[PDB]
Amino acid sequence: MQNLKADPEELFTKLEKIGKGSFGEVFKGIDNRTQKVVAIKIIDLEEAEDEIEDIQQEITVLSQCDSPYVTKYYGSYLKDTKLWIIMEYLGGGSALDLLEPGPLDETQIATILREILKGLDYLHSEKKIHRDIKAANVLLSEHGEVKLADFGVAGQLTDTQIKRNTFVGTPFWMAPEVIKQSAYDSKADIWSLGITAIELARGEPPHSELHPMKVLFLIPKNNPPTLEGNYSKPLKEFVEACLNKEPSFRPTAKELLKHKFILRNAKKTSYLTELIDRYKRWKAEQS
Ligand SMILES: CCN(CC)CCNC(=O)c1c(C)[nH]c(/C=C2\C(=O)Nc3ccc(F)cc32)c1C
Ligand SMILES: [Cl-]
Ligand SMILES: [Cl-]
């Protein structure tokens, strides 16, 4: 909090609400010095209560990241009972949004996975673990650039704490060692990435129609999910590689960036604008 700032409205204009809202609400905004659009997450501190140390964690993590693959951080500003967390505006919405009109093709899947993997590689090299990897936290610019967002439950490894054990994340995407609250590390993100790959290919993660508390016992109990259906062998093998019950048998993000599925199928991020346009057309017609 030592770089906390004040009087945000002298540097930024707050515009309309655009969504939720991990810990608050997100507003569109303007940087009055550049006229670039920004996203402003606003947190009511007097009702914050329980989530206060998660809010603190998010700011800390964001302030420590400097990557094209992680939502850029402008700063946090105190205004009365409100905290403004000002971040990169990403006008293409989330990968989850972009799934709504229908299936992706494997070029789009590989392209999105590649950029997620670059983000994971960065975070894991900084001894950070995202711990909530899913399509909803993968955000895109209007021209298709891809970044990881929402660091409210991110973990930080240090020389004296080489593993985490906190029960956090979203049950469908959680690694088994996380559910068991075993000592875990960045390999937990690699499991979540595997589930996210299935989500991008099928539209939804495994068990998506069950109550989340059910999957809390299903995920450790069952064999790992596999990608079923008519998908290329490398995509299926990519998923299988990620979804190993034994975390040390999962590849690193660096290694997955050299996986045949990624190399054969990933193309320019700018082609993802086709997906953004598909969503805009679809949303405009939606009754
Ligand atoms: C047409 C509207 N759709 C539903 C009705 C899409 C709704 N969603 C939208 O409009 C939307 C857009 C275009 N950006 C954001 C949020 C963020 C953004 O830009 N950078 C961030 C960095 C961090 C973070 F935590 C959130 C954001 C939303 C909710
Ligand atoms: Cl944008
Ligand atoms: Cl098993």
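In this chain, numbering begins with 1 at the start of the sequence shown. Just so you know, ligand 1 is whichever comes first in the structure, and atom 1 is the first atom listed for that ligand. Quick note: numbers below take in every heavy atom, side chains included, and nothing from hydrogens, waters or symmetry partners.
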| query | Quick check: what drug is at ligand 1? | reply | sunitinib
| message | I'm curious which chain is the main partner for sunitinib in this model - what does UniProt call it? | response | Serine/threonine-protein kinase 24 36 kDa subunit
| said: Please list, in number order, the atoms of sunitinib under 4.0 Å from a heavy atom of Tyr279. | reply: 3 (N), 4 (C), 6 (C)
| task | Give the UniProt domain of chain A with the most residues touching sunitinib. | result | Protein kinase
| task | Give the residues of chain A annotated by UniProt as ATP-binding that have any non-hydrogen atom less than 4.0 Å from sunitinib. | result | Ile18, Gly19, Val26, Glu88, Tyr89, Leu90
| task | State the atoms of sunitinib, each with its element, that fall below the 4.0 Å cut-off from a heavy-atom position in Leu90. | result | 12 (C), 13 (C), 14 (N), 18 (C), 19 (O), 20 (N)
| Per-atom contacts, sunitinib versus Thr71 - under 4.0 Å to a heavy atom | 22 (C)
| field | Subset of sunitinib atoms that lie under 4.0 Å from at least one heavy atom of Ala39 | value | 17 (C), 18 (C), 19 (O), 20 (N), 21 (C)
| Atoms in sunitinib flagged as close to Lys283, the criterion being non-hydrogen separation under 4.0 Å | 5 (C)
| task | Could you tell me if any non-hydrogen atom of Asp150 lies under 4.0 Å from any atom of sunitinib? | result | no
| query | Which residues are in the binding site of sunitinib, using 4.0 Å as the heavy-atom cut-off? | reply | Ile18, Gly19, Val26, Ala39, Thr71, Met87, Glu88, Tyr89, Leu90, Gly91, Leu139, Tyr279, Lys283
